[PDB]
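Note: structure shows selpercatinib engaged with Proto-oncogene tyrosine-protein kinase receptor Ret.
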Amino acid sequence: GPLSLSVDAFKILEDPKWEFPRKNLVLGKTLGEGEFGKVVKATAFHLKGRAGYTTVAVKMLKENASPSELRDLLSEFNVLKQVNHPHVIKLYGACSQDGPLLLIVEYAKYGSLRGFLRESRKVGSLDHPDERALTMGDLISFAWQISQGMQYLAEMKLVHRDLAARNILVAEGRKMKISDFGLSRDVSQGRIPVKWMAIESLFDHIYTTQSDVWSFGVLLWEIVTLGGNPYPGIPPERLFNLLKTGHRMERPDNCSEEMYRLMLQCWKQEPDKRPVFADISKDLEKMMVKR
Amino acid sequence: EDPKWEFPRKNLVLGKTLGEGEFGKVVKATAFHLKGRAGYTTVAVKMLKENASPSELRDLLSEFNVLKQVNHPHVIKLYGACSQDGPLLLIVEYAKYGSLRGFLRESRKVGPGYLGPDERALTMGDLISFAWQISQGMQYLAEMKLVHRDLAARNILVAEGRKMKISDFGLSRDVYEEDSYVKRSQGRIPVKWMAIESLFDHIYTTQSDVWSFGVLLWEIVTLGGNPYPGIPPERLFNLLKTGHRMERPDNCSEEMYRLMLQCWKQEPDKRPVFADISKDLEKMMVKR
Ligand SMILES: COc1ccc(CN2[C@@H]3C[C@H]2CN(c2ccc(-c4cc(OCC(C)(C)O)cn5ncc(C#N)c45)cn2)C3)cn1
Ligand SMILES: COc1ccc(CN2[C@@H]3C[C@H]2CN(c2ccc(-c4cc(OCC(C)(C)O)cn5ncc(C#N)c45)cn2)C3)cn1
């Protein structure tokens, strides 16, 4: 079947560029864990012709993994090979010759954007009750970096499908990296959380760059609320009809008119009425120079 | 939605979490005036988490639709659902000992344990009986033209009097036409419980449920061990194709092992049917 073919292709030595010798990989602490998959920190010796040990993250399956897990991981590997951008997580390679399949990716010292934000406070060698302080300028900065990454992906004819604050990684110098390409595809029951999905994805199962834009609007909302939970107290099952009848999230606190207007436009019912990612970057670039 | 199954939300009180995984959760609950029982009845409630995808929603709805049609002493009882004024809540039977996997693993550290009268005291006779109750439930399920697809010790619940209840019907499918269920895309059943033709061919029949039953059997007689110990899921493709199967575990009889092996025949025709699995277990029991 399609998976046994990919598995077998993967387990052969066909891509010497991406194969990393297993003996050169030393696995450390767990960075995150779900039921069937795990991410650990690691050091990699002589990775990609680099001197000494490079700090990396390793993605791997757990023992109760289903074929849909195996598929997601292999599919991410195949997408990340074709991709190169400062705001997209970097793939270093894979170990396919010695035990479990391991994906080796760039290590993001702050972890997920969602985590980063909830540990922060909004403002206008000591110590504080919060990890850091963030201005609207930082938040606009974060959104712009993601929109750049997304513009690159849309130009590459790739639909991410799972855009959300938990899938953006925060690297050294607070650089945003789009991550989790398990569900991406080159442009039936979906595995994207309902609350981030575009109306046409929910009703017609259609996924395009414009449905990525809708998801981007939910992420913006997540950013300006510093890690809020979208549609709080509304059951995911109730959301279809609220959206169909034209309900949207209200303007959050500490959110400006111009910022909220951009969110709303991302959530237009007709995908043609939504901004493209270039328009989005433009809006953020303008906000920035204008303080 | 359905008159015979819709239950008044105000009559349902939710308690502690009994289990939660990726985007779904089970809570202990109590229901007032349930199916005309006086007073409160202790129940369990299955529901979605905030980050649910359409797949999880469709799975909860499909489990509801299946449990509506099936009634058997060894299949989890559905009481009803709250599906109107908010979140979808599935109301099912509460099983006091929890999952079979959990129950058997507990018997490793909780006396009297496995002995080779008390609820916690287990002999091989008790284990054969557990397997048999499950097989009778599966036999009925197969007669009702269903494939469970996700038969495993984690999906069997242990109720009052140590009765087995097949549960977790989210993935089960109708096979009235063709006697097979096939989908184009990848399944969500753990690789290690999947039949060889489910793995390579995306085909699910009662005979792939039989394969899964063999793995469950192995789980039972190892008292909740993990299948293909230390083998990566990805290695199962080549390993099953080349003819490797799990080894005979320690407190397993030759007849019991012969039954498992039969469940793991490459050719699905050569596997026993659930009716014949039940007969084999009946004979094992009475010859002791
Ligand atoms: C299908 O294959 C799968 C599926 C799921 C998984 C694991 N799942 C749960 C949710 C999803 C992904 N998960 C994580 C966990 C940690 C990280 C992560 C966390 C992290 O945190 C750093 C810190 C905050 C210092 O702990 C840094 N980095 N750097 C790179 C990555 C990556 N990738 C990370 C990213 N995703 C955890 C693995 N493989
Ligand atoms: C898609 O909809 C979903 C999907 C999955 C889930 C929850 N998932 C995780 C794995 C799967 C099913 N899960 C559970 C959790 C608890 C129980 C459970 C556990 C339980 O434990 C009793 C004890 C051990 C004394 O606490 C008793 N009962 N009785 C009925 C049920 C049911 N159902 C239970 C069964 N399945 C937890 C919820 N909704």
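The sequence lines are taken in order and lettered A, B, and onward as chains. Numbering of chain A is taken from the PDB entry, so the residues present carry the numbers 700-823, 837-899, 909-1012, in order. All chain B residue numbers match the PDB entry; in order, they span 713-828, 841-1012. In each ligand, atom 1 is the first atom listed, and ligand 1 is the first ligand listed. The figures here come from the full heavy-atom set of this structure, side chains too, leaving out hydrogens, waters and symmetry mates.
The location of selpercatinib, copies and all, is ligands 1 and 2. The chains other than those of the drug that have a heavy atom under 4.0 Å from selpercatinib (ligand 1) are A.
For selpercatinib (ligand 1), the heavy-atom contacts closer than 4.0 Å come from A/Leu730, A/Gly731, A/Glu732, A/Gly733, A/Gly736, A/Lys737, A/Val738, A/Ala756, A/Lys758, A/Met759, A/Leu760, A/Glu768, A/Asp771, A/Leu772, A/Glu805, A/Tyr806, A/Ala807, A/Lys808, A/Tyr809, A/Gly810, A/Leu881. For selpercatinib (ligand 1), no covalent anchor to a chain is modeled. The UniProt domain of chain A that supplies most contacts to selpercatinib (ligand 1) is Protein kinase. Close contacts between selpercatinib (ligand 1) and A/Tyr809 involve ligand atoms 24 (C) [criterion: under 4.0 Å to a heavy atom].
Taking a cut-off of under 4.0 Å to the non-hydrogen atoms of A/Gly810, the atoms of selpercatinib (ligand 1) that pass are 20 (C), 21 (O), 22 (C), 24 (C), 27 (C). Every atom of selpercatinib (ligand 1) with a heavy atom of A/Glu805 under 4.0 Å away is listed here by number and element: 29 (N), 30 (C).
Atoms of selpercatinib (ligand 1) found under 4.0 Å from any heavy atom of A/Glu768, numbered from 1 in the order shown, are 1 (C). Applying the 4.0 Å criterion to heavy atoms of A/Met759 picks out, from selpercatinib (ligand 1), the atoms 38 (C), 39 (N).
Closest UniProt active-site residue of chain A to selpercatinib (ligand 1), with heavy-atom distance to 1 Å: A/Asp874, 9 Å.
Taking the UniProt semaxanib-binding residues of chain A and keeping those with a non-hydrogen atom under 4.0 Å from selpercatinib (ligand 1) leaves A/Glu805, A/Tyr806, A/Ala807. Counted by heavy atoms under 4.0 Å from selpercatinib (ligand 1), the UniProt ATP-binding residues of chain A that qualify: A/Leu730, A/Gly731, A/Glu732, A/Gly733, A/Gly736, A/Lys737, A/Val738, A/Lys758. When each atom of selpercatinib (ligand 1) is checked for a heavy atom of A/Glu732 under 4.0 Å away, the hits are 37 (C).
Near A/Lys808, meaning under 4.0 Å from one of its heavy atoms, selpercatinib (ligand 1) places the atoms 25 (C). Counting the atoms of selpercatinib (ligand 1) from 1 in the order shown, those under 4.0 Å from a heavy atom of A/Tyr806 are 25 (C), 29 (N). Residue A/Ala807 places at least one N or O, backbone or side chain, under 3.5 Å from an N or O of selpercatinib (ligand 1).
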